[PDB]
Amino acid sequence: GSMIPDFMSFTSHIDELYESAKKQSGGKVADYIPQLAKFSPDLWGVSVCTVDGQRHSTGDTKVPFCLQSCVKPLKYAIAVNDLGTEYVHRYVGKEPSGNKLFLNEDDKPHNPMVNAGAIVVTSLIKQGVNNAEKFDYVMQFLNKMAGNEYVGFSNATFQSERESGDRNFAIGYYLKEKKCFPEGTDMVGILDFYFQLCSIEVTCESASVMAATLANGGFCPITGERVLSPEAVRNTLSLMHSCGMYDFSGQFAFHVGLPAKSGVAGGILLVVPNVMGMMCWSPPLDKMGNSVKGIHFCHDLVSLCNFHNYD
Ligand SMILES: O=C(Cc1cccc(OC(F)(F)F)c1)Nc1ccc(CCCCc2nnc(NC(=O)Cc3ccccn3)s2)nn1
């Protein structure tokens, strides 16, 4: 599957799109915790990792930042990989909401990409062991996805996220009341694990390798290791396609047509199946919560290389 005939000319076009996006100065850096409000609005990085293992970065691609919602497709993939589609979707829905409600009509969170869904997915991983082992288990998994490149942890983000996460505690108690967790779940402990996962740190470079693992049918392109089952990958990409960009998800599926997942740190994890993974990062967000520069870049990328799913 050679739709990138000349990698060096392709990176030349990446750089031009990078420079064009750089001029987009709009948006607001998230500031509900100090660990996000700190970030400069001018940070802007794009990293590419093909399914071959070819790499290209431009801009601020080695500055660590928190995954935040970008971790949601990754922990869903781990859950499906270990437990199968059917078991996971006993607890969480499979489609966009069209949203302030915690649960759909079946008393399940709408999908794994919204907070209530990610909290339920978190309760499914490595059940029975304590939180330190749960975290270590997911960390080892993310190391394999990233081919052992930068995966860190921001204790300061974790502490601030947990102390100000009233909406997530409201979701936690509502899900407990509607019996959404597996039997024996310690809800407060699940919220802790959830806040920790949101505080895992990557760079553009390490994250693009994670995305490239999803683009490569579950095989890490820079180690050849099998990390995720084909089922886990397929499921994760479908939900990223339809639910990955908050309230912009429907527009993004229509105009861009690639599986992607945004996050409040300004990251956009982007997958071009069978071609490449990308991570774009610029902290200033539009009013729907997506990185202004990243969105502009994603539109330009598809209008240039015919990467749209139905192109
Ligand atoms: O009940 C379900 C299935 C369901 C599916 C579809 C329709 C439906 O009927 C309903 F919309 F009327 F509820 C119910 N899910 C569910 C129900 C309750 C909850 C916990 C509560 C969610 C958090 C909120 N609390 N108050 C709110 N008020 C507003 O947002 C203000 C507003 C503005 C505009 C129009 C209406 N209100 S949000 N979480 N999830």
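Residue numbers run from 1 in the order of the sequence given. All values below were derived from every heavy atom in this structure, side-chain atoms included, with hydrogens, water molecules and symmetry-related copies excluded. In listed order, ligands and their atoms are each counted from 1.
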Drug at ligand 1 from TP-6076, 17-DMAG, GSK126, CB-839, SNDX-5613: CB-839
Most-contacted chain for CB-839 (ligand 1), named by UniProt: Glutaminase kidney isoform, mitochondrial 65 kDa chain
Contacts of CB-839 (ligand 1) at 4.0 Å, non-hydrogen: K100, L101, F102, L103, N104, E105, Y174
Shortest protein contact, atom 5 (C) of CB-839 (ligand 1) (heavy atom only): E105 OE2, 3.1 Å
Exercise check, heavy-atom protein proximity under 4.0 Å to atom 10 (C) of CB-839 (ligand 1): no
Any protein heavy atom nearer than 4.0 Å to atom 26 (N) of CB-839 (ligand 1): no
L101-CB-839 (ligand 1) polar pair, N/O distance under 3.5 Å: no
Atom 36 (C) of CB-839 (ligand 1) touched by protein (heavy atom, under 4.0 Å): no
Covalent bond from CB-839 (ligand 1) to chain: none
Short N or O separations between CB-839 (ligand 1) and the protein, below 3.5 Å:
unit_1	atom_1	unit_2	atom_2	d
CB-839 (ligand 1)	15 (N)	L103	O	2.8
CB-839 (ligand 1)	39 (N)	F102	N	3.0
CB-839 (ligand 1)	40 (N)	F102	N	3.1
CB-839 (ligand 1)	40 (N)	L103	N	3.1

